[PDB]
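Caption: ceftaroline (bound form) together with penicillin-binding protein 4 (PBP4), bound form.
Numbers in chain A track the PDB entry; the residues on display, in order, are 172-195, 240-242, 244-246, 257-292, 298-317, 340-625, 634-680. Side chains are part of it too, since the values below use all heavy atoms of this structure and drop only hydrogens, waters and symmetry mates. Counting starts at 1 for both ligands and their atoms, following the listed order. Quick check of the header: X-ray crystallography, 3.0 Å.
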Amino acid sequence: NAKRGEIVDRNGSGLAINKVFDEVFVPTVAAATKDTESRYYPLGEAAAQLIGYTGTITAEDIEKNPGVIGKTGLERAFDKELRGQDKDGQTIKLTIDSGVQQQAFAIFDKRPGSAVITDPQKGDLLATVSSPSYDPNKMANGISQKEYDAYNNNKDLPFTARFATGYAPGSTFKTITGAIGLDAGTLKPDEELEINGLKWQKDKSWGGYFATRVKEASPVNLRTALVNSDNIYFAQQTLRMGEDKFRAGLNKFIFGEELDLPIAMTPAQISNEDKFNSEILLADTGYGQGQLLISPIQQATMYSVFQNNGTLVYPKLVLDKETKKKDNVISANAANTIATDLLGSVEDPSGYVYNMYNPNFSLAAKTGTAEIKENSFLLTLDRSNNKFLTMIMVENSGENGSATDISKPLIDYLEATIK
Ligand SMILES: *C(=O)[C@@H](NC(=O)/C(=N\OCC)c1nsc(N)n1)[C@@H]1NC(C(=O)O)=C(Sc2nc(-c3cc[n+](C)cc3)cs2)CS1
């Protein structure tokens, strides 16, 4: 009987450890009584999808590769290192910070959504949160059929790891579209484009389709369009760029690329085919619509270029793993120009993230709402020290509110701890 290896956070705090209990004769916590060692998760629901839970080796388990075994999450993906022999399992230290993990999970409060917080210059995943969640301690050490069925019958599906699920990125994708337009030469950041009305189309060939916007602006430049959430500006800049210049910039990212993370995840895609085959879809992809499917972990990876002078860093979950990058995904001037203009989302009183304004901290942000019901997104960038990046989403934002409405405790926590 060898002890299973432990999973600890970046500071050594236990994420999946062993603890002896007095159980109520074979094993609730106090027939008979005996001191039995049990697999314990201190963060509970806050890290349930990431860490996973254990279970007994079933018949079909040993029927593949010849008392407890990882059934899901990192407890399953890291089983060979944590199981050991009968040699104690080794301890695997992650990049997670327990303080940030419990902050990101607390802001949702049963709301469906996800949140990832990274170190945009190292790739360290400080937190990967999916809501709603479940009790991993109950699932591993005996859960009743009343709480299991309560989890299965939940229409929001608490078992799914939403940080590894592909969604449409929303208007936050304009940051990439605008940066590609800058390096292409077609998008001048200071030229004033005349945009009139709340709807726009290229010509009569679009028919009953229009690019719609919210706030009416008179001449819209790059900085104003990002703060005003103007779809028409980026649509016109996408049509001006052409399918080739736009796809040339997008292909420098990690689309269709499998990552070395120990989290199962479908690679990000641009569209179903190698070509757009239309022009309304080219405009849609310009402002985050179309057939884009990027996961929160992949979204945090792509957007890391703005805090590394255009260099993309890959996400890492194990601490001692070497930092991997993809150099020159966008220019340094393009990354800095977009990151500087995004300060207006927080600092401008008319900005949509002005509720999080802090005069002693530079925070660039960008909102986004996608129609799939509608989901809300929020990307924030530490421009004071480039030490954290957030990607927060809330599913069914028409009923559960926007991501900005609940993310203020999270952002305030990071600015004081990670700084
Ligand atoms: C990018 O996200 C854009 N989104 C859309 O065009 C889509 N839906 O619009 C929802 C109304 C859409 N369909 S599919 C898909 N993938 N995306 C723009 N991004 C923004 C944003 O979050 O800033 C939205 S919502 C918005 N709401 C306000 C507002 C209005 C009034 N008041 C008092 C305050 C705030 C500004 S923007 C739409 S467009």
Query - Non-hydrogen contacts within 4.0 Å of ceftaroline (bound form, ligand 1) - result: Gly423, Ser424, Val467, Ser482, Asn484, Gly541, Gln542, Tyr605, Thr620, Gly621, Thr622, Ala623, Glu624
Query raised in the report: Does this PDB entry show a covalent bond joining ceftaroline (bound form, ligand 1) to the macromolecule, and to which residue and atom?
Result: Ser424 OG
